[PDB]
Amino acid sequence: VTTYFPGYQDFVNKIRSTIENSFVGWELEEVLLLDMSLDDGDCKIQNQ
Amino acid sequence: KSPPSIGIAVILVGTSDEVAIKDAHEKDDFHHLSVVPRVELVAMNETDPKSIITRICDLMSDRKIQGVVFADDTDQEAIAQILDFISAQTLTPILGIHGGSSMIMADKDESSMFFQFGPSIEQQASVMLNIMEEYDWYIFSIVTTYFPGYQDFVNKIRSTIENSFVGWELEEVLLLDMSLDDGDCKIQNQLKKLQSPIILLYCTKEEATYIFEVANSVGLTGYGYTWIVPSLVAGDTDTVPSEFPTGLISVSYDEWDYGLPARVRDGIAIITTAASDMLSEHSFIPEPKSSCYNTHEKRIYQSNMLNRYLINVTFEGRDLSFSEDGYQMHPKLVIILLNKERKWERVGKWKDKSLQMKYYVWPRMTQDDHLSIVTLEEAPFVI
Amino acid sequence: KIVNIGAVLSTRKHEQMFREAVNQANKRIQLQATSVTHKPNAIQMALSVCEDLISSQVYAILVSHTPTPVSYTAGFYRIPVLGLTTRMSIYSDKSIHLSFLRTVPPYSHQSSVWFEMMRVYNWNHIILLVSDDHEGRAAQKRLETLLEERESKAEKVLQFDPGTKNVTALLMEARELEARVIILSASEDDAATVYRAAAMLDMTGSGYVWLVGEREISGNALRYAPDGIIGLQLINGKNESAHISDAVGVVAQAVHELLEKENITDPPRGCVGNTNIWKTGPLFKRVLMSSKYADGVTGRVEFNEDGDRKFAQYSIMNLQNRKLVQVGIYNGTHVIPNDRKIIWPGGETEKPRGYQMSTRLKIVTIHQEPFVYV
Amino acid sequence: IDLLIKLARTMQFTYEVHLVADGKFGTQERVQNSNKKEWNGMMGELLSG
Ligand SMILES: *[C@@H]1O[C@H](CO)[C@@H](O[C@@H]2O[C@H](CO)[C@@H](O[C@@H]3O[C@H](CO[C@H]4O[C@H](CO)[C@@H](O)[C@H](O[C@H]5O[C@H](CO)[C@@H](O)[C@H](O)[C@@H]5O)[C@@H]4O)[C@@H](O)[C@H](O[C@H]4O[C@H](CO)[C@@H](O)[C@H](O)[C@@H]4O)[C@@H]3O)[C@H](O)[C@H]2NC(C)=O)[C@H](O)[C@H]1NC(C)=O
Ligand SMILES: *[C@@H]1O[C@H](CO)[C@@H](O[C@@H]2O[C@H](CO)[C@@H](O[C@@H]3O[C@H](CO[C@H]4O[C@H](CO)[C@@H](O)[C@H](O)[C@@H]4O)[C@@H](O)[C@H](O)[C@@H]3O)[C@H](O)[C@H]2NC(C)=O)[C@H](O)[C@H]1NC(C)=O
Ligand SMILES: C[C@@H]([C@H](O)c1ccc(O)cc1)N1CCC(Cc2ccccc2)CC1
Ligand SMILES: *[C@@H]1O[C@H](CO)[C@@H](O)[C@H](O)[C@H]1NC(C)=O
Ligand SMILES: *[C@@H]1O[C@H](CO)[C@@H](O)[C@H](O)[C@H]1NC(C)=O
Ligand SMILES: *[C@@H]1O[C@H](CO)[C@@H](O)[C@H](O)[C@H]1NC(C)=O
Ligand SMILES: *[C@@H]1O[C@H](CO)[C@@H](O)[C@H](O)[C@H]1NC(C)=O
Ligand SMILES: [W+6]
Ligand SMILES: [W+6]
Ligand SMILES: [W+6]
Ligand SMILES: [W+6]
């Protein structure tokens, strides 16, 4: 789970490429992106 | 002295042709009954509990109202429930023939004598499943509220599915709570848990507007999603909410072929035939209560026997009989579809356990996600 | 800013109690008390609800001991009803009673104690006897729920037609089973009929345990109730005044929390010509359902998902020498046995074992080719 | 049968052997009305007492 805070792409990609090049049974089930620039009255964040 | 006259109060609410109604209820004089109906039409503006109770009780205090034929132009099931309550407390035969009073009410009172001119929830559900068979819509989900009858609905669907060799796929069953508010976005999530292309929605029209609104907010009202609803959802075909999705299939009453004066006449015929069948099997008729204030004292003197004669009325070659739960045994149903013009159009008919649809292939919008594919019979590739 | 609370109570005295509770709520927007007493019948009761209460725009209606017409009428508008003394399970059905809460638990929740009592005594095999009405079925469903929240099982469930005076068949149906622990749910007069038949059927002596609720040890049902029976009584369950006090505190708290919000509309006034629900009704209801009052006269008042009071406390009562004796209490989740010893229905004072295995076991088989030749 | 004799030998109990009222073993099926799950067969007799 990340927000739009700078770095989040570096983070997710670092994970994805550490995983990809490994002989280990890693399993990334979900990657969420949360928009903290909007209000959360539509409960989007909650549903994520 | 003389053939006894029973008091049948015909209550009409809203715009209604009293002339045509009285001309179709007094013309055909019936002499095949052991009793003659004394029809007395009464009008009423409001449909609140106090107004209905007061009007009916006063109608029973003034004249000897043996039966009460009720009709309205609204879409309030609460009317039918109130009528069931009155019919339970006063043990007075009440017939909801049109409007919200005709909207089905499940689990009526034990001593209720309130019958409705409408199909049962189980029967409507069965018709829905039959429609899903006619167009091979095997994969579907069900969304019901806490409205009385959701249990009977879902259980009917399940019972029909289990004992069938048809590959039914009941993905999700949602139980939306309308008793509380929806600020926690619970309903939104429940509806978001829907995956099926066909959704069976069971609730009130007022609730249906909200549910359709939320579903539209999620994205379940557009093309690729077909909603099917009972009668109490659509209701008045001349009143369509903006929240209702275009392509909404619904099972309703054949209001075109079954007019309001015909409904009044049939109800009067039911009460009269019941009274006659009782006066020829026990030689007496329950005395009409002239007060709603003393229905607790003369409770041991009042009976619930007319039901066994009200549940079984054959008139003019038509079987206008009811059921123990308080619904019509053999109702003439009509399958209507909401078009792009936001109007209800008859696209099917249900009669005598037979389903006759208008179109062979269901008219879906030829989008860029729908293709027509041809194949040739060749074993084992195409068997 | 004036928020009316309504109430249908037993007497003018309890009316004055309601009034004083409301006055106190004001002391502790300002509330005004409006109340009436019960009408002689359901129609007059509904009409009274409209003309006397809803006519004053009540946000809620307290109801004491047939609340049904009040629940229906108020629910028409989605005006919440707070039952002060009704325990019937039918008011827990959201389908029928849309906006009904109560400061007492329904009879059927006694099953939880029964369940805890089975834990309190390691009864793994039990016979259930229920009346074939709504309350009986509610109790059955609820106990089967408690039994199948932890693998526990019902050896049999018996149902009887209410008003049946000879229940010998059913009890003979219960004699044939192994389990000697017997649980009963029935009205007063039916409790009486079962107790009578049971005794005549000699099921009240050594070996048998009888576990029951409140209705089955009340009034006339006590006159013929066997000795050593274990039963329950809802603590404070009959003090209308206390429940009025607490209901008024909870409703005042809920009113103020509700008015802590925005876009609050007033409830409907007169009935005549009004057919739309109170728009703020479901939210006010949500507020009551989730209200919390820690310092209540009757203990800790909270509501569960059905709007039934939760965390109720029960006295566990034992009939000793035809006298009702308190042998314990049920708190929230745990049974507490007091210094007074339980005298069981049967021989000695030792806790019986409801698992008397029969010497004759009817073995069943089917004609199979290599195993069972017939 | 011999196995039942062995069980009766190990654990002392009197037995009243009988056959199934039908011809099946024990499978769950729907009721005639109200859709109620009811087992039919040997288990249908075992659950009914
Ligand atoms: C309270 O509850 C107790 C139960 O503990 C009651 O005792 C029970 O009473 C019933 C009724 O008398 C006893 O009867 C069993 O009844 C059936 C069916 O029929 C009876 O009812 C018929 C109408 O439905 C009626 O036509 C029958 O009469 C004809 O046939 C008999 C012969 O069967 C004949 O003698 C008559 O002259 C009639 O021609 C009959 O009255 C019956 O078939 C049962 O029988 C078999 O099994 C018994 C042994 O169980 C055996 O003795 C019989 O010969 C037969 O093989 C049986 O009689 C029932 O037995 C009673 N149960 C007990 C435990 O005593 C009690 O009456 C209730 N009292 C009150 C005040 O409520
Ligand atoms: C109503 O009276 C009840 C008395 O029967 C009260 O229940 C008791 O509450 C006390 C206080 O918490 C408990 O004592 C503590 O128990 C905890 C939990 O350990 C036990 O339970 C866990 C599972 O939750 C289990 O794994 C353990 O093996 C224990 O059995 C301990 O951690 C503490 O050290 C301490 O012992 C009692 O155990 C408990 N009694 C029973 C029978 O449950 C209840 O709190 C009262 N209610 C109110 C509102 O006061
Ligand atoms: C409980 C609701 C209803 O069942 C319901 C509505 C919406 C739901 O989502 C779920 C349920 N009713 C109860 C009875 C009320 C009528 C009434 C009033 C006074 C006397 C007799 C009868 C009208 C509304
Ligand atoms: C209400 O009823 C009265 C007579 O009963 C009628 O005059 C009046 O027009 C009605 N109200 C409306 C809005 O039509
Ligand atoms: C209904 O009426 C018909 C008319 O003859 C009769 O034959 C039938 O028995 C009636 N049904 C019941 C259940 O009484
Ligand atoms: C309520 O009644 C009970 C008696 O069972 C007792 O607590 C007292 O009499 C009353 N309590 C209050 C606070 O009035
Ligand atoms: C409350 O807000 C809603 C909009 O979501 C709307 O009904 C209106 O703005 C407010 N209601 C009233 C009665 O002002
Ligand atoms: W002040
Ligand atoms: W002040
Ligand atoms: W002040
Ligand atoms: W001031």
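Each chain gets a letter, A, B and so on, in the order the sequences are listed, and its residues count up from 1. Contacts are counted only within the shown part of the entry, which is not the complete deposit. Just follow the structure's listing: the first ligand is 1, and inside any ligand the first atom is 1.
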Q: Specify the drug or drug candidate modeled at ligand 3.
A: ifenprodil
Q. Per UniProt, what macromolecule holds ifenprodil with the most contacts in this model?
A. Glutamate receptor ionotropic, NMDA 1
**Q.** Chains touching ifenprodil at heavy-atom distance under 4.0 Å
**A.** B, C
Q: Give the name the PDB entry uses for chain B.
A: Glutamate receptor ionotropic, NMDA 2B
